[PDB]
Colleague: 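Here it is, the structure in full.
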Amino acid sequence: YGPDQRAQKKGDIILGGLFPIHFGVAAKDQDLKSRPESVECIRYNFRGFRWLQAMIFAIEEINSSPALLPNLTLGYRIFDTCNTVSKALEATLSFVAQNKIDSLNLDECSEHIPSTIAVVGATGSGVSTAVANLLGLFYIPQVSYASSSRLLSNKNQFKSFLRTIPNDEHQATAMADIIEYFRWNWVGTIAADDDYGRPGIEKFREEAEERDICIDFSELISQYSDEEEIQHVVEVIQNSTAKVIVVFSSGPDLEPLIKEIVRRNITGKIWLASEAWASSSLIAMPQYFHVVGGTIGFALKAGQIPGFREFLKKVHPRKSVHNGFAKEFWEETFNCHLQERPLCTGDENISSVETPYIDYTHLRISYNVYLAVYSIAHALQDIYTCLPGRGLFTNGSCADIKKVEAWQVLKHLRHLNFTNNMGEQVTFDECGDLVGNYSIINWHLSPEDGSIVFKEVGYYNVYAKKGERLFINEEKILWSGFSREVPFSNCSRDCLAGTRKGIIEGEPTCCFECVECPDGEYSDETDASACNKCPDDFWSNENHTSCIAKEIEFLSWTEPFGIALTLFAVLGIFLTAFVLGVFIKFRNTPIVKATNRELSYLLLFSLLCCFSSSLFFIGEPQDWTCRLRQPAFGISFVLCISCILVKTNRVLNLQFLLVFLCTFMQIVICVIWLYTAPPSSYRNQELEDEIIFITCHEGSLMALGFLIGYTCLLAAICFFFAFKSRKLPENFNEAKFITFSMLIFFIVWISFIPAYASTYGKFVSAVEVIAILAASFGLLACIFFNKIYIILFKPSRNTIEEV
Amino acid sequence: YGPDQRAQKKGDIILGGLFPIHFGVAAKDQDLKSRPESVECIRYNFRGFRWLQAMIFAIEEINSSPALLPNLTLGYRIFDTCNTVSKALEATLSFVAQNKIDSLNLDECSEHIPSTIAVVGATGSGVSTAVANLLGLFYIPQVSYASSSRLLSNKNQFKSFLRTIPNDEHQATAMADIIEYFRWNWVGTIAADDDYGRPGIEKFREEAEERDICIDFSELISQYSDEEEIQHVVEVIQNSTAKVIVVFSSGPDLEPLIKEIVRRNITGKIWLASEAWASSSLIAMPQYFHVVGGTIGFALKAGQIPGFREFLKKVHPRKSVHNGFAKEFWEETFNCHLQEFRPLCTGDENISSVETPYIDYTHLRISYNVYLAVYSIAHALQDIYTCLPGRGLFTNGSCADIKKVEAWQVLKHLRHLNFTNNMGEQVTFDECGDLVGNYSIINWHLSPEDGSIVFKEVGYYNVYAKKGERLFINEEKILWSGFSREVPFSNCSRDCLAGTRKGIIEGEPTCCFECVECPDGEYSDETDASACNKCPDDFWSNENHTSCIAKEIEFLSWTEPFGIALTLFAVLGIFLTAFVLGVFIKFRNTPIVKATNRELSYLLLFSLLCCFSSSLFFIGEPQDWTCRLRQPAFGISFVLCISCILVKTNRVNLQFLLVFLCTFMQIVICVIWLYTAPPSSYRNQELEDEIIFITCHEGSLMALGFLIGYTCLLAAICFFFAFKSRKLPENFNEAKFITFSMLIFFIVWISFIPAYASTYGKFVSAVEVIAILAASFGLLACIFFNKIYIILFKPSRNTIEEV
Ligand SMILES: *[C@@H]1O[C@H](CO)[C@@H](O[C@@H]2O[C@H](CO)[C@@H](O)[C@H](O)[C@H]2NC(C)=O)[C@H](O)[C@H]1NC(C)=O
Ligand SMILES: *[C@@H]1O[C@H](CO)[C@@H](O[C@@H]2O[C@H](CO)[C@@H](O)[C@H](O)[C@H]2NC(C)=O)[C@H](O)[C@H]1NC(C)=O
Ligand SMILES: *[C@@H]1O[C@H](CO)[C@@H](O[C@@H]2O[C@H](CO)[C@@H](O)[C@H](O)[C@H]2NC(C)=O)[C@H](O)[C@H]1NC(C)=O
Ligand SMILES: *[C@@H]1O[C@H](CO)[C@@H](O[C@@H]2O[C@H](CO)[C@@H](O)[C@H](O)[C@H]2NC(C)=O)[C@H](O)[C@H]1NC(C)=O
Ligand SMILES: C[C@@H](NCCCc1cccc(C(F)(F)F)c1)c1cccc2ccccc12
Ligand SMILES: C[C@@H](NCCCc1cccc(C(F)(F)F)c1)c1cccc2ccccc12
Ligand SMILES: N[C@@H](Cc1c[nH]c2ccccc12)C(=O)O
Ligand SMILES: N[C@@H](Cc1c[nH]c2ccccc12)C(=O)O
Ligand SMILES: *[C@@H]1O[C@H](CO)[C@@H](O)[C@H](O)[C@H]1NC(C)=O
Ligand SMILES: *[C@@H]1O[C@H](CO)[C@@H](O)[C@H](O)[C@H]1NC(C)=O
Ligand SMILES: *[C@@H]1O[C@H](CO)[C@@H](O)[C@H](O)[C@H]1NC(C)=O
Ligand SMILES: *[C@@H]1O[C@H](CO)[C@@H](O)[C@H](O)[C@H]1NC(C)=O
Ligand SMILES: *[C@@H]1O[C@H](CO)[C@@H](O)[C@H](O)[C@H]1NC(C)=O
Ligand SMILES: [Ca+2]
Ligand SMILES: [Ca+2]
Ligand SMILES: [Ca+2]
Ligand SMILES: [Ca+2]
């Protein structure tokens, strides 16, 4: 009844089992020249035999214990799948022989042909899919220990499939979390071309696309990939700059690629291993460690089966009548031949040979096999202890254990809730899945043995909230097996401050160019997509990483030039005040009485007014400061000129009013300009990019020009009268002064436009304040220095009458 | 045995058949409260029954024709799959009952049914995978007509699977070609969660990422997706700006989402339908044309089966004894209930009256595939029949006995099959059991006459062409979204412009970008650009940053309002100096001119000539020869003038020797400065970025400073020697006039310091060409004015009048 090599025992209820005892089938090409024969299997699987023994041990433990299924013995019929759909399908056809016989009406034997109540499912997800398609026809519940494909959660197609292993959605999310944790964004993916690698790679692709992770390459491999595809994938890996490779595959499918990569000696790659090969003895070979060393993988939660190791050590080909795979196990363990290659004596010790069979540190899928067997057993017990009237069937009817059927066991397995030997609650959700934690391991080299050790470096809590599932202790991770520094696996290096991201055409967003910011903008953060513009009166620092205020530039009172000009003007005001004091003190003197005593007082008052008005130009330019800047000096200077002309007006109450009339025109022009186009406070920043120049535009230039021309007119009118008086030195020869006053005014303000009409910053104010001070000082000196010297420094020479 | 309803005919050779006569199973909630009864099917599939009739017609035509398998009749055993794995697996168990009895050795019915030797395959790719897993166990060939998944090309798993339909790799490549043809880069993808949609959308993902197409979303749908999943898919669809949605699905799995989208009235989307639902009656209903109208899809090559339509029209529930589905076909067509409230089927109705997809077709595409699969099996059988011994395909050149043929021999002959179909083309399966074929491209329109959706051919796909030339599309025949004739826009962002660049948006793919404007000095001219280009020197970016123009050259020259005035003033000065020379030359034999010196005055006049001429050296564009002597020219000339003028004072021919000695040191230092480090025409571009100044350097700046210092010291010495001589009225008090000349020169060459230091550019030569001639005028119009005016108009007031 099916394959010759089997492990079967009799009992009241028979449970089927499918384990990979070989890694695959012989690669003999069927040319169909002769009728095809059964294809042999090649490489023994000690781990798979351990899984089979876990199933057998669980069933024997159940039978020994009288508290679970009293007066009912459990049987089994376990076959070898060789990781192939064909072998497992032959075994499954053996399993459903009675169900198919009765459904197909082909009986038109009963004691023989035992009926399988439940099947402990396959390892591979494709194998489990193929088996479940046939098993769901008859509603035989199938509990898998290792198939973690999310495609088996579809209960519309797989009506009777449950599993004691978490499906791969959480594992793909966990790999995405691992990549996000180490700040990687340039990765490549490799997956097996089966129902396991493809959905997991797809889920990882979705998760990583969410987290702004860029996948450089994505290739598919298989156990039967020929030289061309393996070479192509090797070249794809070699060309890629991504160091982190995410692999969703098993051992047998990844073996050819790893062998080729070792042959071509590709090093420096970081491998993110799925659970199927993270603990695989096919790839964790020491000779491959220079390639696959430092692999970060996933491992399920380890379980505790108390008397399991003794059961494993007790296997013997002669004393294992029920287990048929024991003979081949002995032959492959001790490298001999059994007769019912040397001849095995049958007295060897399995502890003297190193194999995965007993040289294990954690039971992960073995505990899953145990849990699946115990789940079926507990469902059967729930059937047995059903109190009538409270059943799960129609009208609360309870099934009979003496005539139980597969669909009733399946119904009870859906509503199953029991506690395992580790105290945890074992329950299948609406999709038949069994959620569980993940462990995180790293591949190291054992210094004492030279083999590969799996060092736990973290875990993955599936019961935590999003973003709190992953914990990694990076201090325990040896990158590439030797290093202690986190590798760089970004497409491009980060852009520093003052630099932005530039697009590389035809490449993902993770690959960019660093472009310096323009001089008008800045960028402070690392890896910024744009340079923020410097706002308001700010400018960019020489490295465009900060904003620096645009310097406001002006003639300050505290500035050295401003200090000098203010002190010089104050000294002039003090000097004219002193001259006034001497004049009033010595008012009773014929020399002063000879000149216009009262009018000279108005002249010197206007002189002091001009000296003070010179201080208007220096300082902070406000609207009021430069509103009365030009016209204050205008009126003061025209008043001084009018006073000088009237004092010299010897050719003529009639003098003070004449001066008032002369200054009335100037005051009228000034007030007309003020009411029409008042000067404003310019804020000129568009002269130097980094400097703000605060000036004061005169509003309408025509009014200022007209005022200046008018002042020149009242200067030239006095100049003509002064010129003719050079031959008449009557009042102590004042012709040499009045001519000199107009001359120095004209010279100072004619020798100053090249200095004036050259600057438009702050020197345009200092130069013109210097011009005002110089003209006023010249006027003061010429008019009053000689007169005050004659009055004071010449007391004896104080002649009563002049010429 | 097996399914109750079936089509069955007895013969020497029996062919299995799997057709989806129903669209699915009844949505029954299996609570397992009662023993699970066989689930029933609900919706009828007239296309599936047409396919079944195609198989039956092919077998009947083969039997009638004596040129194919003479003296041998073909039987069939055809079952309904209802698009479900379970029903097809029941049918496959019926198919392999005999083989599996032989293998299981359960025979420990003599002829329950003649052994099935071939099975014309299923429709769904998952259903075909499930059936092929079981059929490959017994090496029973399976020729599918519709399963086009690339997973079935794996001959390591599917040993006996062949198909008359091409796999979907070419169709996904064709979707990528269509997307790139209309220049889209922002598309969404929807696939069916089965073995057809998933690998197809994965191949499309690979191809689209190869062509720089960005996929926005990627969702999976199913016939049994609940309301939550459909709702989430709908919000994902309408939360996106991608207008093109590429769908790899069938009619049943896409119906729920389409119905929901119609319910929520989402319009404007472009549908890229795969072959499975491009012609689906489930989706092509007129109610949905406002959503799925204007769909661009794929279709295979239609084939011509001559007498097929008559065979379809000849169906009858009472004359078709072999066909068991004919009764249900009649019931579903005429909406009645045949004898064993709906009316009673009299059996005299006309099938041509009712509009069902049965005979209402325009192109047999999968029906031709069914016909071709049957004929492929028949031709392999014929090849077995007409084999001459010694020229066979088996071990010793032998071949099988057709009277006892086995399924594996038929499979072997099908691998090496090469025959010509009725249409005259070669039918052969490659190493993967695949038939390569062309694709057609159709568009969903609306028929104004009937309202039904019509599939208008708008292109094709040529899989026998070189890569890149496979796609051909006639856009003028495409009605976009069913009404519009404008190609839709489905890019993530609008394209940039010329004077702008691309800006990275963080978290969005490379197809989504900003349009940051290029900064000043850099330009771009392409439609889109990832970086701003900068042209080389002598060029600056335009006002729109599109192109960059020549950096205009700024310097002092002629033919401008400033240069013309300066050269006019220079020629005026040379004119008055020539006039003065003529006055001194004509009236040379007079005592007046022979007051200071009769000949040294001529040397001074020549020096003034040279000083005036040196002013034109500063007005030209600085060349090598220009300003290597421009400053030396004025230096030497003015030193000569001062050397003449201080000797011109009397009581100092030793005068010429003294003048030459004074000028010799200046000439020597000028020659030394010129030879050691000559000033060079330096190209200046640092003051203003948009324009370039052509200035010239000075070489040894300290040499120039020393030259001007020597000149000013000599002038100061001349002024000092005339400082204490204004009393004597020698030669009409020339001491006062030389004092005036020296003072004028000093004010002109001391008042330009702020102009020189502040302003840099073209107005550095202008301030020189206005000061040089001003100082020269002061020297000329003061020293010689007192003599030219004396002897110009007056009766020369002389003969030692004041000498
Ligand atoms: C590689 O790129 C990632 C981005 O994908 C960088 O991660 C960023 O790191 C900075 C500071 O370390 C964080 O402020 C960002 O939030 C991170 N971005 C993301 C998306 O998480 C990582 O730093 C880069 N590594 C190197 C070496 O440059
Ligand atoms: C799954 O992993 C989580 C996280 O490691 C485990 O939660 C821990 O449980 C132990 C014992 O109950 C506590 O002492 C710790 O404080 C928990 N850590 C947490 C909550 O972060 C959990 O026990 C594991 N197993 C299950 C079945 O949840
Ligand atoms: C597939 O499509 C191509 C192109 O549409 C077909 O090639 C045409 O073949 C006919 C005759 O067979 C020629 O008259 C045309 O000029 C061809 N068109 C081309 C090359 O563009 C081809 O016949 C179709 N079928 C197959 C099986 O290849
Ligand atoms: C959508 O984007 C694509 C590419 O992102 C644009 O296609 C480009 O079109 C221009 C001119 O038609 C060609 O020169 C390029 O070679 C095309 N690029 C590619 C990758 O094919 C398309 O024009 C855009 N459509 C818009 C903006 O409406
Ligand atoms: C202080 C000045 N306001 C603008 C200066 C224009 C200027 C700058 C440089 C040179 C010259 C000048 F040569 F034309 F004088 C004018 C001012 C205000 C009011 C009356 C004035 C009368 C005479 C002179 C200046 C006057
Ligand atoms: C033409 C003139 N070259 C100006 C040099 C810099 C400068 C620019 C503006 C002002 C001054 C100065 F006031 F300091 F002189 C110097 C020059 C050439 C050779 C000899 C000269 C002797 C006297 C004056 C000018 C002389
Ligand atoms: N999960 C894998 C099977 C698997 C899990 N762990 C393993 C360890 C070894 C071998 C296979 C496995 C699958 O679905 O195919
Ligand atoms: N190609 C589809 C089957 C298919 C083709 N055309 C169809 C039309 C209707 C229904 C199904 C189909 C698959 O792989 O499964
Ligand atoms: C990888 O690199 C090799 C050698 O540089 C080159 O021939 C090949 O085209 C590249 N790409 C792939 C996919 O192999
Ligand atoms: C392979 O590469 C490693 C570098 O890690 C080097 O140590 C070793 O010698 C190489 N071996 C061969 C056979 O190239
Ligand atoms: C869709 O967008 C709305 C608002 O525009 C938001 O509330 C909702 O969460 C989004 N859903 C999805 C699936 O994007
Ligand atoms: C659906 O939308 C179309 C156009 O977008 C409109 O003509 C029609 O009336 C709408 N129907 C309903 C029921 O909203
Ligand atoms: C099939 O046979 C024809 C001859 O009729 C030949 O031209 C063609 O090459 C053959 N095809 C193959 C794949 O051998
Ligand atoms: Ca028990
Ligand atoms: Ca690319
Ligand atoms: Ca025939
Ligand atoms: Ca994103």
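Labels below follow one simple rule: chain letters A, B, ... track the order of the sequence lines, proteins then strands, and each chain is numbered from 1. When reading the values below, keep in mind they use all heavy atoms of this one structure, side chains included, and skip hydrogens, waters and symmetry mates. Counting starts at 1 for both ligands and their atoms, in listed order.
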Colleague: Which macromolecule makes the most contacts with ligand 5 here, by its name in UniProt?
Modeller: Extracellular calcium-sensing receptor
Colleague: Please tell me which drug sits at ligand 5.
Modeller: cinacalcet
Colleague: Which other chains lie near cinacalcet (ligand 5), in the sense of having some heavy atom under 4.0 Å away?
Modeller: A
Colleague: Any chance you could list the binding-site residues for cinacalcet (ligand 5)? Cut-off is 4.0 Å, heavy atoms.
Modeller: A:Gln630, A:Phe633, A:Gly634, A:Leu707, A:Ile708, A:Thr711, A:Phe745, A:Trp749, A:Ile753, A:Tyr756, A:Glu768, A:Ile772
Colleague: Which organism does the entry credit as the source of chain A?
Modeller: Homo sapiens
Colleague: Mind pulling out the UniProt phosphate-binding residues of chain A that sit under 4.0 Å from cinacalcet (ligand 5) by heavy-atom distance?
Modeller: none
Colleague: So, counting from the N terminus per UniProt, which transmembrane segments of chain A come closer than 4.0 Å to cinacalcet (ligand 5) with a non-hydrogen atom?
Modeller: 3, 5, 6, 7
